[PDB]
Asker: 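Can you read through this structure? Questions will come right after.
Numbering, chain A: per the PDB entry, residues 395-659 in sequence. Start at 1 and go down the list; that is how both ligands and their atoms are numbered.
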Amino acid sequence: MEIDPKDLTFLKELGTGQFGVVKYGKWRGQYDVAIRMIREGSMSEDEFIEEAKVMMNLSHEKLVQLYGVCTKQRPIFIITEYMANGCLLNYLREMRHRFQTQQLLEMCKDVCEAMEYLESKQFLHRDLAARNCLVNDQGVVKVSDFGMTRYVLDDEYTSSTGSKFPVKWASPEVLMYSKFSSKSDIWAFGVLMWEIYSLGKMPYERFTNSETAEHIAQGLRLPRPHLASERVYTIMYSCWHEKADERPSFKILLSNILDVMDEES
Ligand SMILES: */C(C)=C\C(=O)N1CC[C@@H](n2c(=O)n(-c3ccc(Oc4ccccc4)cc3)c3c(N)ncnc32)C1
């Protein structure tokens, strides 16, 4: 879906991310959108444009919807669903004093549903983390930037030894061999659940990249958050099996989450 940039009205700046400065505006006068401006030189644009066609066809209620791109000028624009409440980590860190444990479980369910959709399309996120989940005006958490790191040039972000890499959300098979799969997303999902139930602490907030890799190499894990019940910790902990093939699928993870919701009501 190519959008005509003459149909965009820019209203407010939402700040600047890694891929680009992003603004809030309206599309054809009526529809809320976010508009990302993609910095020249930051992404393999021709490869991204081919992949943008696939992301355009990803559609799930718990996935931030990509509405289209503007590619007949430079910089290219990404037009997406507007998420009034911003980053999940900021959201957790804003009203953490207000959340009920029932609310934290629903957020986990939101992300799991999005990932189950992605898993059903054999589409890897590649960088699942709270830093790319957003929250709408109804408090719904949505997954964002899915599959965006494959097109990033910067050498440190892509490299697994870079100072940009998400070591602390990376599974062993990624850190050792750059072996991405659904099971690497599962690992990250477990870490994300830790972030949600930890009200947005950085995992291993005191550790370097190297020390974290050594920790995971020794088979050690993040601890149970005080706010996490026994059952919920078991689900998230299951995502961190040393053997990728022993980790659950998002469908199985989801059913487990629904089972605890039925159990905790
Ligand atoms: C916090 C999780 C991220 C962050 O750095 N923010 C500063 C600006 C603000 N924000 C956005 O960055 N986005 C957003 C993210 C991703 C896209 O493109 C997209 C979505 C899905 C797949 C690929 C690309 C566009 C814009 C915001 C959005 N949509 N709404 C509201 N605030 C956003 C948070």
Asker: Which macromolecule in this structure makes the most heavy-atom contacts with ligand 1, going by the name the PDB entry uses?
Answerer: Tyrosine-protein kinase BTK
Asker: List the drug name recorded for ligand 1.
Answerer: tirabrutinib (bound form)
Asker: Within 4.0 Å (heavy atoms only), which residues surround tirabrutinib (bound form)?
Answerer: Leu408, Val416, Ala428, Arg430, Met449, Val458, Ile472, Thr474, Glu475, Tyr476, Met477, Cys481, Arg525, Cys527, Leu528, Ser538, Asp539, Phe540, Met542
Asker: Within a distance under 4.0 Å of any heavy atom of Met542, pick out the atoms of tirabrutinib (bound form) and give their elements.
Answerer: 23 (C)
Asker: Looking only at distances, please establish whether an N/O atom of tirabrutinib (bound form) is found under 3.5 Å from an N/O atom of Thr474.
Answerer: yes
Asker: Can you figure out which UniProt domain of chain A lines most of the contact region for tirabrutinib (bound form)?
Answerer: Protein kinase
Asker: Would you mind running through tirabrutinib (bound form) and noting each atom that sits below 4.0 Å from a heavy atom of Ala428?
Answerer: 28 (C), 29 (N), 30 (N)
Asker: Provide the number and element of each atom of tirabrutinib (bound form) under 4.0 Å from a heavy atom of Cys527.
Answerer: 2 (C)
Asker: What is the modeled covalent link for tirabrutinib (bound form): residue and atom, or none at all?
Answerer: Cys481 SG
Asker: So if I count the atoms of tirabrutinib (bound form) from 1 in the order they appear, which ones are less than 4.0 Å from some heavy atom of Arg430?
Answerer: 12 (O), 14 (C), 15 (C), 16 (C), 17 (C), 18 (O), 19 (C), 24 (C), 25 (C)
Asker: Show the atoms of tirabrutinib (bound form) that are less than 4.0 angstrom away from any heavy atom in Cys481.
Answerer: 1 (C), 2 (C), 3 (C), 4 (C), 6 (N), 34 (C)
Asker: May I ask you to list the atoms of tirabrutinib (bound form) that are less than 4.0 angstrom from any heavy atom of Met449?
Answerer: 22 (C), 23 (C)
Asker: Nearest UniProt active-site residue of chain A to tirabrutinib (bound form), heavy-atom distance to 1 Å.
Answerer: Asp521, 10 Å
